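Structure, rilpivirine included.
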Amino acid sequence: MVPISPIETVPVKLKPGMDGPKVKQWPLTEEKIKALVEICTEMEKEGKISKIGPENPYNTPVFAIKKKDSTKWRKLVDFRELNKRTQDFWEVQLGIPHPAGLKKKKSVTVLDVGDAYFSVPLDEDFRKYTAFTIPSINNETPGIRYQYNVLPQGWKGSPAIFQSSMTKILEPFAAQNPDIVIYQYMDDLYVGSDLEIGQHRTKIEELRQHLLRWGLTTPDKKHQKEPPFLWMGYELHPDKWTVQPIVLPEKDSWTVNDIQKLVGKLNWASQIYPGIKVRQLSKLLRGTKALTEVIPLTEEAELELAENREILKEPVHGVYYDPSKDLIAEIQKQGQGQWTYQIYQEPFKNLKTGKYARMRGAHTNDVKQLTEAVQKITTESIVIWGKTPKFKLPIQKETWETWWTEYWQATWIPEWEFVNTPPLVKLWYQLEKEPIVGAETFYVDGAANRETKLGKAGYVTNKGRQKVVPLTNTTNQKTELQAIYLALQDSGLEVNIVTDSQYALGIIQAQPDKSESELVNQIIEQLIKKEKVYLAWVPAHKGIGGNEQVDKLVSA
Amino acid sequence: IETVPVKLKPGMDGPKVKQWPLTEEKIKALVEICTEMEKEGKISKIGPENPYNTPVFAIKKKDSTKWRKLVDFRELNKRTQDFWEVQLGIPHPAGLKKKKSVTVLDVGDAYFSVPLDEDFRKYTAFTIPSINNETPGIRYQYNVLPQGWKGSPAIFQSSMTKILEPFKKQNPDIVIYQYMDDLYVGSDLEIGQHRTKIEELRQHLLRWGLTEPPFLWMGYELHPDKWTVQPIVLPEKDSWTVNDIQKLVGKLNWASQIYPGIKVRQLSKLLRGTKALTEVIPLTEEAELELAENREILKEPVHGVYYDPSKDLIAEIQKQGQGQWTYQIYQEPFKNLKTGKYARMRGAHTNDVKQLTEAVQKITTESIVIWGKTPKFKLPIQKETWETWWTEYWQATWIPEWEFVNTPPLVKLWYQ
Ligand SMILES: C[N+]1(C)CCc2cc3c(cc2[C@H]1[C@@H]1OC(=O)c2c1ccc1c2OCO1)OCO3
Ligand SMILES: Cc1cc(/C=C/C#N)cc(C)c1Nc1ccnc(Nc2ccc(C#N)cc2)n1
């Protein structure tokens with residue numbers, strides 16, 4: 001006998017105040033019991049489970065399930081109740097590597113470590129909670145009682161404890177062989193390197209020898225799995241990656257479900273297929289959730305879908321990451337709050353692509369959305385590559401400078417350069433810092449009656465120009481905006497406007513270029529036509545003229 | 001040498017805070033730092049039966065070339081029991097903010113000399129992430145009092161008081177105040193004399209240590225006796241345009257929420273007509289008198305202003321442009337406890353976000369000196385922008401709480 005090192009147990013507890021499970025065993029057919037008896041006798045021989053005395057008060061139900069197209073049974077232990085009662089664990093598997101962050105490899109070898117899993121012993125003090133009972137034939141004897149000695153399949157702690165145990169075992173091997181990479185997934189180890197094949201094979205044999213120290217054996221007869229790999233919805237190849245085939249179905253009509261699935265595929269595709277769009281399709285799913293409802297596609301959705309089909313007509317692949325090179329991220333505006341990007345190191349060779357959509361909200365502008373996209377890409381890039389890419393953005397340096405220096409919030413985007421690819425992001429208007437000499441001054445006001453919803457909006461000017469318009473089904477806020485709109489409409493290319501609307505100032509000072517409010521959009525359209533606009537605020541009801549006059553005209 | 005039992009607050013579990021993404025340089029730095037700390041017995045690797053987490057990152061303190069590990073214990077700090085067993089609390093010294101010079105020392109390394117309650121260690125779990133999650137994050141917990149945890153100064157306090165006694169006894173006029181990993185040391189000595197005393201003080205810690213700290217040597221000098229405040233001031237002009245008067249009436253209307261007897265009636269009558277904004281308007285006698293009366297009111301302190309230690313401090317900041325920032329600290333609206341203005345943002349000429357991050361740190365320091373706690377910030381920045389960048393510019397060993405302001409305040413104009 002060659003001594004093997006035991007695997008250290010992870011200590012496990014139930015949640016505070018909770019006892020173990022006490023769940024009734026279901027009746028089983030005579031045929032199933034005989035099957036289960038055989039399996040457990042075999043499992044017992046192998047040391048996975050042990051017969052226990054009558055003292056243990058816990059129980060978890062066991063089932064026998066027929067393996068389709070076979071006459072063979074499998075055991076299934078239903079640990080749902082124990083799982084609810086078991087502590088939370090650190091789950092190492094939460095974050096999966098993005099293929100775009102991987103490095104090219106010459107060789108990747110797969111080793112089956114399926115035998116090691118049932119070799120991971122269970123914390124001695126916890127075993128009692130895993131007790132289960134094989135019912136007896138005709139219920140004429142006590143059921144056969146067992147508990148687990150190893151990590152049970154289906155138990156809450158098994159994946160985290162298995163993974164952590166394998167990592168600790170593999171640690172010294174990885175540390176002392178810095179020229180390979182090792183990745184565990186389920187019951188397999190993946191071992192990659194750039195060594196000449198003879199040296200790579202030697203490393204695999206050395207890994208096998210290392211693993212034997214804990215008695216974990218692997219099959220001489222090599223894995224059926226070899227590059228390329230199907231993994232987590234991707235295809236991994238030695239020197240490129242892609243998403244698994246994306247096939248958009250033909251349909252005469254689309255249900256809610258069809259559309260959710262369609263958008264899901266497009267979202268998945270968008271990490272390597274450049275320019276994917278989902279706005280108009282996603283708009284169809286707004287608010288409603290009877291999955292069977294049939295939604296007529298809008299013309300816009302039909303256009304988006306056709307554009308996506310064209311994007312998807314043939315395979316596109318990404319390359320892997322070369323740490324010796326800079327990362328570059330380029331962004332384009334697509335319209336309707338949509339943005340698309342590519343991250344590459346060499347021209348025409350993307351590591352990945354992606355998209356960003358405008359946030360929900362009342363008003364917005366392209367510079368703010370571009371800024372948001374940059375932060376999103378920055379954070380994604382730190383995760384995947386550990387560094388911020390250099391940005392190529394469709395905004396002139398002078399535009400950005402004017403924006404950030406004058407914007408009421410602090411704002412920043414990291415190192416970037418202008419790329420002249422339309423449509424360019426620009427500032428559509430900029431308010432004056434000081435009142436304009438020689439420009440007509442419009443004193444504006446609006447008010448509405450909260451009961452009748454009638455209101456008025458208008459202005460008076462230093463030239464004696466005046467206007468009041470009667471409005472129906474309106475509110476104070478809308479009349480305040482209407483008054484500013486009237487002043488913009490009726491003035492020359494330069495204008496001073498005096499308002500008491502805190503609401504309107506708060507909107508305009510946010511510098512929107514688009515709004516959910518049609519009225520705000522009309523104001524923006526007017527601002528775009530002006531050469532100079534100075535917007536002055538004064539407090540209401542303070543005897544402040546022009547304002548006071550217009551208030552009287554509009555509050556009547 | 002013996003641990004103080006510590007617990008979380010009733011009905012609370014440990015922190016489970018996500019680790020945010022770290023750059024390659026910071027991961028490599030933390031791996032190097034934690035390997036040494038593990039070797040020194042300060043931290044130990046942990047297994048999957050510990051599900052807790054607190055985020056970690058790395059910074060460079062002001063004027064140093066070495067990376068410092070910084071744990072963001074904000075969540076654990078909220079969840080941790082309060083510490084009143086031995087003492088009700090150290091009355092904050094009101095004399096500290098009156099000293100001519102205050103030097104801030106990093107004394108956090110001293111805490112590592114005290115073991116942490118074995119049953120509490122699990123709640124200090126943290127993770128060093130790997131790039132692209134390619135390898136499992138390296139998981140550790142503390143065996144000793146951690147830097148940045150509110151329990152550390154609380155537990156170490158009896159040890160600190162004993163270490164400093166001869167210095168206090170030899171220098172009875174020095175004010176020493178501990179906040180988290182910081183020691184604040186104030187005197188009225190000529191700086192040269194002051195610095196030598198600071199170095200004298202370091203020698204006690206070093207001496208104690210050896211019976212080696214990476215950052216004790218440093219010294220952040222403050223001069224709170226010179227700290228400057230911001231009363232409300234009105235323009236002095238010979239010629240007022242309609243616009244000037246509108247701005248003045250606006251500012252006064254706002255100030256009238258702070259000061260009761262402020263009046264705008266007579267000034268407001270000036271804005272009655274509908275004159276071009278740039279037209280000059282002569283002040284009436286009634287208006288001049290009202291302006292004069294308002295100026296006199298604004299020279300007095302605000303009525304009914306008091307500090308309540310049971311209430312949060314709130315700090316608001318406005319970007320004024322050209323590297324300038326204004327701020328106010330209050331507990332009740334219109335009852336400012338401190339206001340101020342900065343323009344001296346060091347090495348941040350084309351970066352607003354770095355400037356704001358440095359403003360937040362300066363304001364928090366002022367807050368610690370004056371009241372002995374940190375304010376809750378209202379930051380004029382989008383969440384996503386702040387959260388992407390602030391850790392790049394952070395140099396302090398504590399972290400305050402903050403929320404984001406998404407609608408432009410009109411008030412910015414009045415602090416300008
Ligand atoms: C907490 N300890 C006792 C120390 C260090 C450590 C660090 C870990 C871990 C478990 C452990 C355990 C313990 O130490 C081991 O090396 C170990 C441990 C428990 C279980 C194991 C182990 O190797 C094989 O299976 O999971 C992943 O990271
Ligand atoms: C995450 C991961 C998944 C699989 C495999 C999962 C599955 N199924 C295999 C390995 C070895 C890794 N780990 C790493 C780490 C760094 N670079 C790489 N590059 C890399 C991986 C596979 C191929 C290929 N073909 C090429 C390069 N892989």
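The sequence lines fix the lettering, A, B, ..., with proteins before strands; numbering per chain opens at 1. Recorded method is X-ray crystallography, 2.0 Å. Both counts, for ligands and for their atoms, begin at 1 and track the order of listing. Hydrogens, waters and symmetry mates play no part in the numbers below; they use all other heavy atoms, side chains included.
- The ligands or chains that make up rilpivirine in this structure: ligand 2.
- Of the chains in this structure, the chief binding partner of rilpivirine is, as the PDB entry puts it, Reverse transcriptase/ribonuclease H.
- The heavy-atom neighbours of rilpivirine at a 4.0 Å cut-off, by chain: A, B.
- Considering backbone and side-chain N/O atoms, A:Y190 comes within less than 3.5 Å of an N/O atom of rilpivirine.
- Polar contact check, A:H237 against rilpivirine: a nitrogen or oxygen pair lies under 3.5 Å apart.
- Protein heavy atom at the shortest distance from atom 21 (C) of rilpivirine is A:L102 CD1, 4.1 Å.
- The entry describes chain B with the name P51 RT.
- Scanning the protein heavy atoms around atom 22 (C) of rilpivirine, the nearest turns out to be A:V108 CG2, 3.9 Å.
- For rilpivirine, the atoms closer than 4.0 angstrom to any heavy atom of A:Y320 are 23 (C), 26 (C), 27 (C).
- Closest to atom 16 (C) of rilpivirine, if we only count protein heavy atoms, is B:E134 OE1, 3.6 Å.
- Ranking protein heavy atoms by distance to atom 17 (N) of rilpivirine, first place goes to A:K103 N, 3.3 Å.
- Those atoms of rilpivirine that come under 4.0 Å of a heavy atom in A:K105, given as number and element, are 17 (N), 19 (N), 20 (C), 27 (C).
- Among protein heavy atoms, atom 13 (N) of rilpivirine sits closest to A:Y183 CB, 3.6 Å.
- Proximity to A:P227 (heavy-atom distance under 4.0 Å) selects the following atoms of rilpivirine: 25 (N).
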